[PDB]
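Below is Protease with nelfinavir bound.
Residues: numbered from 1 along the sequence shown. Atoms within a ligand are numbered from 1 in the order they appear, just like the ligands themselves.
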Amino acid sequence: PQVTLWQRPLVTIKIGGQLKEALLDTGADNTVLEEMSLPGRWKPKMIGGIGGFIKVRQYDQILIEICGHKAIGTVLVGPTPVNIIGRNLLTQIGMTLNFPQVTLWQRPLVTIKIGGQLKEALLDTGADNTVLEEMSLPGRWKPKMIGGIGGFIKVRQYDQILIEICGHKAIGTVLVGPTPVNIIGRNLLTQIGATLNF
Ligand SMILES: Cc1c(O)cccc1C(=O)N[C@@H](CSc1ccccc1)[C@H](O)CN1C[C@H]2CCCC[C@H]2C[C@H]1C(=O)NC(C)(C)C
């Protein structure tokens with residue numbers, strides 16, 4: 001299965017005897033599931049996203065069958081609004097990002113050029129939008145608000161912005177705000193021909 005990114009990359013997963021839909025998320029280090037019944041021991045953990053932090057129950061060595069491929073690893077359970085499969089499990093199912101091929105044992109970071117400036121950014125199949133840390137951009141913007149796993153942040157929305165992502169040019173909407181990492185989301189990933197393969 002090669003997966004393009006014009007829509008959210010959702011898969012069916014089977015975990016703890018239950019069927020769920022989950023988001024293949026190259027932008028997430030961890031795997032976080034909405035509140036669900038999981039058996040066994042767990043440890044309290046705290047995880048941050050765009051917007052702040054949530055408390056989660058951490059379960060180790062959990063079997064999960066992702067789109068018909070089995071993996072065992074750590075699953076976090078908490079107040080996430082989308083089930084997300086993060087890199088700790090994506091690597092186990094041989095997931096790659098293609099546009100160069102990119103494995104997922106490390107964060108898929110790329111160099112971008114935008115508004116004359118060079119930045120590092122995360123290729124994030126779990127993000128609908130592109131969000132960049134505070135930076136000087138030219139032109140008008142529109143007040144906007146985006147939600148992450150931790151809640152919401154205020155961003156400035158800039159439309160039809162030119163970005164060169166790993167030497168491929170795209171034009172699209174970029175959001176600017178208090179994100180801790182520069183995020184290249186699906187609105188731009190599609191333009192550089194990014195696919196998810198496993
Ligand atoms: C879930 C997770 C981890 O377990 C570990 C590290 C980060 C994250 C995490 O939340 N990553 C996010 C990118 S934002 C980010 C923030 C800090 C570091 C790296 C990425 C996801 O990849 C995308 N993330 C997946 C998903 C998270 C729960 C809320 C609904 C979406 C929201 C979406 C998102 O945030 N979209 C933006 C437009 C705001 C970028």
| Touching nelfinavir (ligand 1) at all, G147? Heavy atoms, strictly under 4.0 Å? | yes
| said: Given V181, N88, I183, identify the one with the heavy atom nearest to atom 18 (C) of nelfinavir (ligand 1). | reply: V181
| Counting heavy atoms only, which of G177, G49, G185 is nearest atom 10 (O) of nelfinavir (ligand 1)? | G49
| query | Which organism is on record in the entry as the source of chain A? | reply | Human immunodeficiency virus 1
| task | If you have a sec, work out which protein heavy atom is nearest atom 30 (C) of nelfinavir (ligand 1) and how many Å separate them, to one decimal? | result | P81 CG, 3.9 Å
| query | In this structure, which residues build the binding site of nelfinavir (ligand 1) when a heavy-atom cut-off of 4.0 Å is applied? | reply | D25, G27, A28, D29, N30, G48, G49, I50, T80, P81, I84, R107, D124, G126, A127, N129, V131, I146, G147, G148, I149, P180, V181, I183
